[PDB]
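First comes the structure, then the notes that go with it.
In chain A, numbers come from the PDB entry; the residues present are 252-485, 490-737, in order. Scope of the values below: all heavy atoms of this structure, side chains included, with no hydrogens, waters or symmetry mates. In each ligand, atom 1 is the first atom listed, and ligand 1 is the first ligand listed.
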Amino acid sequence: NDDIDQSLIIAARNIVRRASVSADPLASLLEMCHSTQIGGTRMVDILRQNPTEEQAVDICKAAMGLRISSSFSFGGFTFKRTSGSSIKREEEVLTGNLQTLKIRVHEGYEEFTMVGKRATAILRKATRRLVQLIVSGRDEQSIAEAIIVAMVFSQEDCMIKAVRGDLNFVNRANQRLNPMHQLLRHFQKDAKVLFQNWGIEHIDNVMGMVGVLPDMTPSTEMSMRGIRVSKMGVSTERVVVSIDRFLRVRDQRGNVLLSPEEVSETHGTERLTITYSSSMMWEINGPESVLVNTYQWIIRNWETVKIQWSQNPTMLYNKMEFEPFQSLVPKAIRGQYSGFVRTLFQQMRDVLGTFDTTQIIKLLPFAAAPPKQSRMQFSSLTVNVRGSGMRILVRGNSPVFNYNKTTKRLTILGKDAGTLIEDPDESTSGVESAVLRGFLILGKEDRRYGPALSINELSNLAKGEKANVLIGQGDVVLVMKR
Ligand SMILES: O=C(O)[C@H]1[C@H]2CC[C@H](CC2)[C@@H]1Nc1nc(-c2c[nH]c3ncc(F)cc23)ncc1F
């Protein structure tokens, strides 16, 4: 039952990481935790009774209104205050790149332990001043990680002055990181200016403790100011917290104890099966599994989908289940697809007797994104699966979308998305109301209305005239305007 904690952590990290790029991360996070199982058992039942303290596991607990440890995480280190106190106060600072940052400065004298995977440390600090850091670690990278984190955490001015270049770090949701994570990211990328301008001191002789120079060389004579490396150098109060929309967890006094930027990037492999049900975890098996599941999901929920489509489309379009598919749509074009498809849907609602089940299913995931309006008459819509742009044809079949009108079996890149059931609202006349934006196809080629136009000269017609248009290769049909 150590194997549960191990697998609960793997599952919580995945879920938080997925949640934070979603539209509503707190909503997505709870949805996925109620969705998931760890070896037969509901995740949310393991979270209510398992005492494991880890960054992602605690974000989840916070989301379920549970109580978690008051320690906080910064740069992957768990800080536990061992003595002292501090007050918050807001300050503006000028970096070494003459950028202006508004920082939440802490004033007071404080002692902390910092605990990490590959190094731990004891830290003493005061207002904008590091007083002492004793760090022990597996190798020079680990020690250095700890030292960088303590240096940014001290908030000292020479750290601020050590910035080069501008700080514009964002997360995957393109949201700016708060300034302390701005500075920490900048120095995690390269720390030599920071180490060289920090300052050097002669050191006293103490058993089991050595100095460290700006190039991570050990020294029995000198050391970076206030820093020592030790050899043997090396948690139970739980409090009520608040979790806001973007999963930043706070304590009563408004300190951010945990956020998604504090989740470890390590990706281990479970020793118990983890089973995600959420649509959010479809992408686990590649964009192909996204597409199949999207269309599969629509078939299985057809009865609720068909009536929300018919009377409350706003809530249909905004559903959580359509976010994964939306990733696969080029961000440049997705809004104009959405605006194209929503109009075609509205034509099918307004012009009655022309309900097409296969067509609604095909285009429905494209209406998720915000409707930007265009006038291009898309003949196909594109989704990128592993870097290549596959196309769904607005009219007819396709490797991506292949429906079989007799067997009624829908196929998605090969795999069987299901089978459609007989629906009386299905139109029997050949009128297609959801292929051409602003136009209605009325069946086969009829020569008495003229010879075949092409699609770019449909604009030269106005207020519902009746023309034949070359829709494909050889395929000619009769199309009227609204
Ligand atoms: O801004 C916050 O509230 C966060 C972000 C910036 C550093 C910590 C981790 C992320 C900080 N969280 C917390 N800081 C502190 C905190 C105490 N003394 C400090 N001196 C400098 C500092 F910088 C933060 C602190 N206490 C509890 C926290 F929970």
Quiz prompt | Drug or drug candidate at ligand 1 | solution = VX-787
Quiz prompt | Top contact chain of VX-787 (ligand 1) - most pairs under 4.5 Å, UniProt | solution = Polymerase basic protein 2
Quiz item: What is the residue-level binding site of VX-787 (ligand 1) with heavy atoms closer than 4.0 Å?
Solution: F323, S324, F325, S337, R355, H357, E361, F363, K376, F404, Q406, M431, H432, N510, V511, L512
Quiz item: Can you list the VX-787 (ligand 1) atoms lying under 4.0 Å from a non-hydrogen atom of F363?
Solution: 17 (C), 18 (N)
Quiz item: Against heavy atoms of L512, which atoms of VX-787 (ligand 1) measure under 4.0 Å?
Solution: 29 (F)
Quiz item: When you measure from atom 23 (F) of VX-787 (ligand 1) to every protein heavy atom, which one gives the shortest distance, and what is it?
Solution: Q406 NE2, 3.1 Å
Exercise. Could you list the atoms of VX-787 (ligand 1) found under 4.0 angstrom from a heavy atom of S337?
Key: 17 (C), 18 (N)
Exercise. Give the atoms of VX-787 (ligand 1), by number and element, whose distance to some non-hydrogen atom of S324 is under 4.0 Å.
Key: 9 (C)
Exercise. Report yes if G509 has an N/O atom closer than 3.5 Å to an N/O atom of VX-787 (ligand 1); otherwise report no.
Key: no
Practice problem: Give a yes or no on whether atom 5 (C) of VX-787 (ligand 1) lies under 4.0 Å from any heavy atom of the protein. | Solution: no
Self-check item: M431: numbered VX-787 (ligand 1) atoms lying under 4.0 Å from its heavy atoms
Solution: 6 (C), 23 (F)
Self-check item: Backbone or side-chain N or O of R355 under 3.5 Å from VX-787 (ligand 1) N or O
Solution: yes
Quiz prompt | atom 26 (N) of VX-787 (ligand 1): the protein heavy-atom neighbour that sits closest, reported with distance to 0.1 Å | solution = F323 CE2, 3.4 Å
